[PDB]
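As listed: the chains are lettered in turn, A, B, ..., one for each sequence line. In chain A, numbers come from the PDB entry; the residues present are 5-218, in order. Numbering, chain B: per the PDB entry, residues 6-218 in sequence. We're sticking with the PDB entry numbering for chain C, so the shown stretch reads 2-218, in order. One-based numbering, in listed order, for ligands and for the atoms of each. This entry, so its header tells us, was determined using X-ray crystallography, 2.2 Å.
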Amino acid sequence: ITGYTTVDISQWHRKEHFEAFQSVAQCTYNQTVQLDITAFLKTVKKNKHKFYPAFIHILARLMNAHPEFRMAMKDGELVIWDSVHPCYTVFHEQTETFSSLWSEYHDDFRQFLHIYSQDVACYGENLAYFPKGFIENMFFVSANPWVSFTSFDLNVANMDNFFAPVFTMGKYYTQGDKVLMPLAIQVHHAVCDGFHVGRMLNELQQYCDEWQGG
Amino acid sequence: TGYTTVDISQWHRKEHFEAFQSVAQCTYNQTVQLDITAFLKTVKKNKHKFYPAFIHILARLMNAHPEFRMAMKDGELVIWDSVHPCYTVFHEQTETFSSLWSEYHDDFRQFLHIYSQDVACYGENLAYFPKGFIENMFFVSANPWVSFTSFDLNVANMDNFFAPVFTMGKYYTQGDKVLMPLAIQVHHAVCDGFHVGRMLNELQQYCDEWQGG
Amino acid sequence: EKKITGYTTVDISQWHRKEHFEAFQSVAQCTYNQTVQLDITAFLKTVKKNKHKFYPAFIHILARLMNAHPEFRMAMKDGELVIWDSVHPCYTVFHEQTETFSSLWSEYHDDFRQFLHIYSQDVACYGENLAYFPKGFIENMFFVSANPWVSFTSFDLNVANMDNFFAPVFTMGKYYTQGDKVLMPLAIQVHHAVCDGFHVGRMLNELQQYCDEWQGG
Ligand SMILES: CC(=O)O[C@H]1C[C@@]2(C)[C@H](C[C@@H](O)[C@H]3[C@@]4(C)CC[C@@H](O)[C@@H](C)[C@@H]4CC[C@@]32C)/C1=C(\CCC=C(C)C)C(=O)O
Ligand SMILES: CC(=O)O[C@H]1C[C@@]2(C)[C@H](C[C@@H](O)[C@H]3[C@@]4(C)CC[C@@H](O)[C@@H](C)[C@@H]4CC[C@@]32C)/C1=C(\CCC=C(C)C)C(=O)O
Ligand SMILES: CC(=O)O[C@H]1C[C@@]2(C)[C@H](C[C@@H](O)[C@H]3[C@@]4(C)CC[C@@H](O)[C@H](C)[C@@H]4CC[C@@]32C)/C1=C(\CCC=C(C)C)C(=O)O
Ligand SMILES: [Ca+2]
């Protein structure tokens, strides 16, 4: 069982937008940014952290900081999960296939890293699409280490109620003194407008710059 | 709204249109890093607002080429005599937005005045569409939080969705230039690489050449 | 003469991707685009010295990669998943005077010369034909379109009907100078049922290699 609360649509300043983005104007949208990871990378090295759980956790912290990232339709109602957990890809080198695992979120990165590294240790070699099953309150992260993309765009055949956010990380590279990571984010318009993604991406850049590991 | 109904039998894109309305139907999104170096310097030196200045160049381009003005009206494909920019207004206090259209005019200064009136009169109204929506719009959306390398719109139902959608990003310095992320979504039935590329080459031009009159 | 190409039926029961393929043909069905600024510095120099047209030459490189890896060569044929023996580039041709376009396929060969002579005939015989598909369409093609107007940082295709749409789509943009490099926008759309991030990335890393290592021969 998982906690949620209910959006009151008749009182919401997005009532009209939600109603249209749920019917005649339904749409999802993707955007890519070359994210500045110079500081964050130095940090992850300084502390001997694995890049990937560290990045997944800053995203998870953001999904867990604004309610527009945690929306679902539940038995006909718009709801906001009290938390969301990251569901991230793991690559199997031998079969050339992937799985998605999810790890329980906590604010303290240290506590999350321990749960993550444990999840990878027990389920990493399990070749199921979803070794742990899937839960209803997650968001997606995938690592695409081969390609320093300028664009990454998802075209999901059925977007009905697909409100979980989907992030895709690209291969970081050098650009003068910086390390730039390509970062794409797909969201559904019924639950995020440009303002939500934009504030999130700004706070993500900032957090990457100011977090001090641990 | 006046229009011209297309003579399909004589149209060189007859088979295209027909494939792009059924079996091959599709939409496509493109982003470019527009160079607004000269455009911005023009805007500041003449104390214009950037957004209506840009909307107006978008809006001249859509009104110079018919592929941007097509629509399906009562089972017939039609070209509008003109199309009117439908642009976003952000409400900082509720963190929501509205989509407002302003009557296009050729002269910039006529346009800026209808735009200023529109935004003064309806800019606090929180309706999704404060003026409702008319048949002949194209869409312009502003995104100044993000200097994106890609913006991509995936509409669930693209049937007869012929109205172009531009999405503007956060401009930035690079070397000595000012670049601005600019994306365009079109439907394949009414525009091909060429029509979108010609358009974008013209945009770049009209920006480097605009005089502020 | 016609070439009817051979194929192999996929035993889905021995395929490591079976669970995925079945999710991505139903509840998770999706497609995805990605764009790269391809580094074409060595390739363009090679092309200029040996006086080739750029397009047929790039198309041939793409063709070689689609024909090096079976995930690019899948199709549903009479209700069954199959790998084509090989696939042929179906590429665009721009008609200046009507401002229209066609899609033309040319039969693939391993050897550039063989291939450049096929492409040149096709382009001379059909280059002016205003038909959407001057040569019709055959069952085992991949797509390439040239988009020489625009140096995009993104291009992506949103197909309304993706069922069984397994043929890769490539889009090339207008090349440009970045310091000493010559870069070219290159985008690829694939269907997730037959390609994962790994397939597509391996391919794009190989495409770069091949572009830098090509000898005009
Ligand atoms: C086919 C389709 O779904 O297009 C939808 C999608 C639409 C192009 C459009 C109206 C407008 O807000 C749009 C904005 C620019 C508004 C602000 C930015 O967020 C966008 C990134 C955004 C994308 C698409 C969009 C959402 C649509 C309309 C027109 C409006 C009509 C009604 C009844 C609400 C539509 O139904 O046609
Ligand atoms: C509506 C839709 O198609 O979303 C689908 C699509 C889905 C978002 C998703 C689960 C997950 O792998 C996804 C990944 C991130 C996984 C890794 C990267 O490759 C991506 C490029 C990728 C894109 C979409 C995707 C494939 C879906 C789910 C969640 C549960 C998965 C299953 C099989 C039930 C879903 O159907 O809800
Ligand atoms: C699944 C789908 O909608 O793919 C459609 C979409 C299609 C891939 C394709 C044939 C071809 O021109 C295409 C081009 C490359 C041609 C030139 C470029 O403009 C585009 C960047 C472009 C995008 C998609 C596209 C339009 C399709 C076909 C091919 C079969 C033949 C006909 C007559 C429709 C199709 O339906 O199979
Ligand atoms: Ca919180």
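Of the candidates fusidic acid, lonafarnib, fostamatinib, what sits at ligand 2 is fusidic acid.
Measured by close contacts, the chief partner of fusidic acid (ligand 2) is listed under the PDB entry as Chloramphenicol acetyltransferase. Other chains in heavy-atom contact with fusidic acid (ligand 2) below 4.0 Å, by letter: A, C. Within 4.0 Å of fusidic acid (ligand 2), judged by non-hydrogen atoms, the site holds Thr93(A), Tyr133(A), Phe134(A), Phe144(A), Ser146(A), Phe156(A), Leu158(A), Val160(A), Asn162(A), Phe166(A), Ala24(C), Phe25(C), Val28(C), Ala29(C), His193(C). Other ligands and ions under 4.0 Å from fusidic acid (ligand 2): none. Taking a cut-off of under 4.0 Å to the non-hydrogen atoms of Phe156(A), the atoms of fusidic acid (ligand 2) that pass are 21 (C). For atom 10 (C) of fusidic acid (ligand 2), the nearest protein heavy atom is under 4.0 Å away. Listed by number with element, the atoms of fusidic acid (ligand 2) under 4.0 angstrom from any heavy atom of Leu158(A) are 23 (C), 24 (C).
Within a 4.0 Å radius of atom 14 (C) of fusidic acid (ligand 2), the protein has no heavy atom. Of all atoms in fusidic acid (ligand 2), numbered sequentially from 1 with element shown, those under 4.0 Å from a heavy atom of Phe134(A) are 30 (C), 31 (C), 32 (C), 33 (C).
The atoms of fusidic acid (ligand 2) that sit less than 4.0 Å from any heavy atom of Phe25(C) are 26 (C).
Annotation for fusidic acid (ligand 2): atoms under 4.0 Å from non-hydrogen atoms of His193(C) are 19 (O).
The ligand atoms of fusidic acid (ligand 2) that sit less than 4.0 angstrom from a heavy atom of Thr93(A) are 17 (C). When hydrogens are left out, the protein atom nearest atom 1 (C) of fusidic acid (ligand 2) is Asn162(A) O, 3.2 Å; that is the closest non-hydrogen contact. Of all protein heavy atoms, the one closest to atom 36 (O) of fusidic acid (ligand 2) is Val28(C) O, 3.3 Å.
The entry attributes the source of chain A to Escherichia coli. Checking atom 29 (C) of fusidic acid (ligand 2) against the protein gives a heavy-atom contact under 4.0 Å.
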Short N or O contacts of fusidic acid (ligand 2) with protein, under 3.5 Å, listed by atom name?
{"from": "fusidic acid (ligand 2)", "atom 1": "12 (O)", "to": "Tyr133(A)", "atom 2": "OH", "distance (Å)": "2.6"}
{"from": "fusidic acid (ligand 2)", "atom 1": "19 (O)", "to": "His193(C)", "atom 2": "NE2", "distance (Å)": "2.9"}
{"from": "fusidic acid (ligand 2)", "atom 1": "36 (O)", "to": "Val28(C)", "atom 2": "O", "distance (Å)": "3.3"}

